[PDB]
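First comes the structure, then the notes that go with it.
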Amino acid sequence: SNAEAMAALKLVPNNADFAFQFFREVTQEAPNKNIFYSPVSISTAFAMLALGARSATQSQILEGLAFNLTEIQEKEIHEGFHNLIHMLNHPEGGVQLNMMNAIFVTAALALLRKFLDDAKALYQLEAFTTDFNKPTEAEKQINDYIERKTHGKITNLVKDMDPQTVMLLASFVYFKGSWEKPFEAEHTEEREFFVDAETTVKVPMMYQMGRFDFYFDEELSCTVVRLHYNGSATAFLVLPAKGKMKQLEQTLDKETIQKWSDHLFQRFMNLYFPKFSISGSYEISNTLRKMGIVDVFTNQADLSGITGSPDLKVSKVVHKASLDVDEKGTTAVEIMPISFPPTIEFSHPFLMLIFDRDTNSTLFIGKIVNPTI
Ligand SMILES: C[C@]12CCC(=O)C=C1CC[C@@H]1[C@@H]2[C@@H](O)C[C@@]2(C)[C@H]1CC[C@]2(O)C(=O)CO
Ligand SMILES: NC[C@H]1O[C@H](O)[C@H](N)[C@@H](O)[C@@H]1O
């Protein structure tokens, strides 16, 4: 839904499929914890490796990313992702996501100019020769890099790095949206959030009254509220009924998303939503292995497009996503609402799904069980 987004849009179902398989996988390996990551950022970091991959290494990357090579060209995927990053990262554009990919490669290996140029042009890759036999100084320099790159918002990407690391793939992304409809800060008050409930925490609960996109599904036992950001990003806030999270996790896919957005309608309501911040920080190898991306991690990797020899493999891929949510920030037609409008209060665990409306991509997937962690 942006026309400049032509190449990016060809990617829309494949990226959404990947986004939600990844989600299904990760909620299994960690069933009662905060989950927070950037699908678009993971998809983008891996497609970028595909630039340098050959044969079955390459085919597994692209397929595990949910592309079917018999129906889409490799040219189009890279064109797609270049168009996507360009739109998400562009200053004049609707998101300013500032999502970043970096590789840290052992000084003991060669790099091809062809890979460095292709990956810079397409994917804005920064690549660093790294002496992993100085773990202390490697760690400190990598974390300083993430810190400086994120204007302070993300620090401590890596800790205790194997001195035999061949290549670290880093993707990281910080976001704070500006709300199309701001919450009034005078009315934020600490209220109770029900984690367990053997557990209960106090959270600053924001408040706003007004017309918001809303939908209830009975099938899933979920209240859906959708809030726009200024620009083109939008947030779906999904409140499952007590006892219905496991079920929502196991079903959630892009068809569920399309159902929701097809059926949202503006409803006047009292909205209570926590002011909070969340990080997710993962080494994502297993998850991707389980999704069928195998050889890239093993000695059977063909990354010869990177080094010019079949000597490279991905030792470690760290993904860190970070988000702040608060009240901020910035007429002639106003509804005459019913006497006792509904109240929706996100005060028990919920999903937060952040998308771009210009490229129809999933920017963030959050499962918030405890907004004070
Ligand atoms: C699932 C969906 C439609 C089917 C598909 O294969 C890919 C997606 C993922 C992104 C979704 C999209 C549509 O639903 C419209 C959405 C929600 C979009 C993100 C932003 C969006 O354009 C809107 O929020 C407009 O309401
Ligand atoms: N198949 C074409 C596509 O993939 C290659 O690996 C090239 N290096 C890149 O520039 C191009 O867009």
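By the numbers in the PDB entry, the shown part of chain A spans 21-350, 356-398. Atoms within a ligand are numbered from 1 in the order they appear, just like the ligands themselves.
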key: Drug at ligand 1   = hydrocortisone
(Q) I'm curious which chain is the main partner for hydrocortisone in this model - what does the PDB entry call it? (A) Serpin
Exercise. Under 4.0 Å from a heavy atom of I277: give me the atoms of hydrocortisone that qualify, with their elements.
Key: 1 (C)
Discussion item. Could you tell me, atom by atom, which parts of hydrocortisone come under 4.0 Å of a heavy atom of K274?
Written reply: 1 (C), 5 (C), 6 (O)
For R246 and hydrocortisone, answer yes if some heavy atom of the residue is under 4.0 Å from a ligand atom, otherwise no.
yes
Where on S281 is there a heavy atom closer than 4.0 Å to hydrocortisone, on the side chain, on the backbone, on both, or on neither?
side chain
For this session: Ignoring hydrogens, just give me the one of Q278, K279, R382 whose non-hydrogen atom is nearest atom 4 (C) of hydrocortisone.
Result: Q278
Self-check item: Residue portion contacting hydrocortisone (non-hydrogen atoms closer than 4.0 Å) for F256
Solution: side chain
I'm curious, what organism does the PDB give for chain A? Taeniopygia guttata
Subset of hydrocortisone atoms that lie under 4.0 Å from at least one heavy atom of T254: 24 (O)
Exercise for the section: Go through hydrocortisone atom by atom and flag the ones less than 4.0 Å from a non-hydrogen atom of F380. Expected result: 19 (C), 20 (C)
- Query: Looking only at N/O atoms, are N385 and hydrocortisone under 3.5 Å apart anywhere?
  - Reply: yes
#### Entry: Residue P33 vicinity, atoms of hydrocortisone by number, heavy atom under 4.0 Å
6 (O)
Provide the binding site of hydrocortisone at 4.0 Å, counting non-hydrogen atoms only. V32, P33, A36, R246, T254, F256, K274, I277, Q278, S281, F380, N385
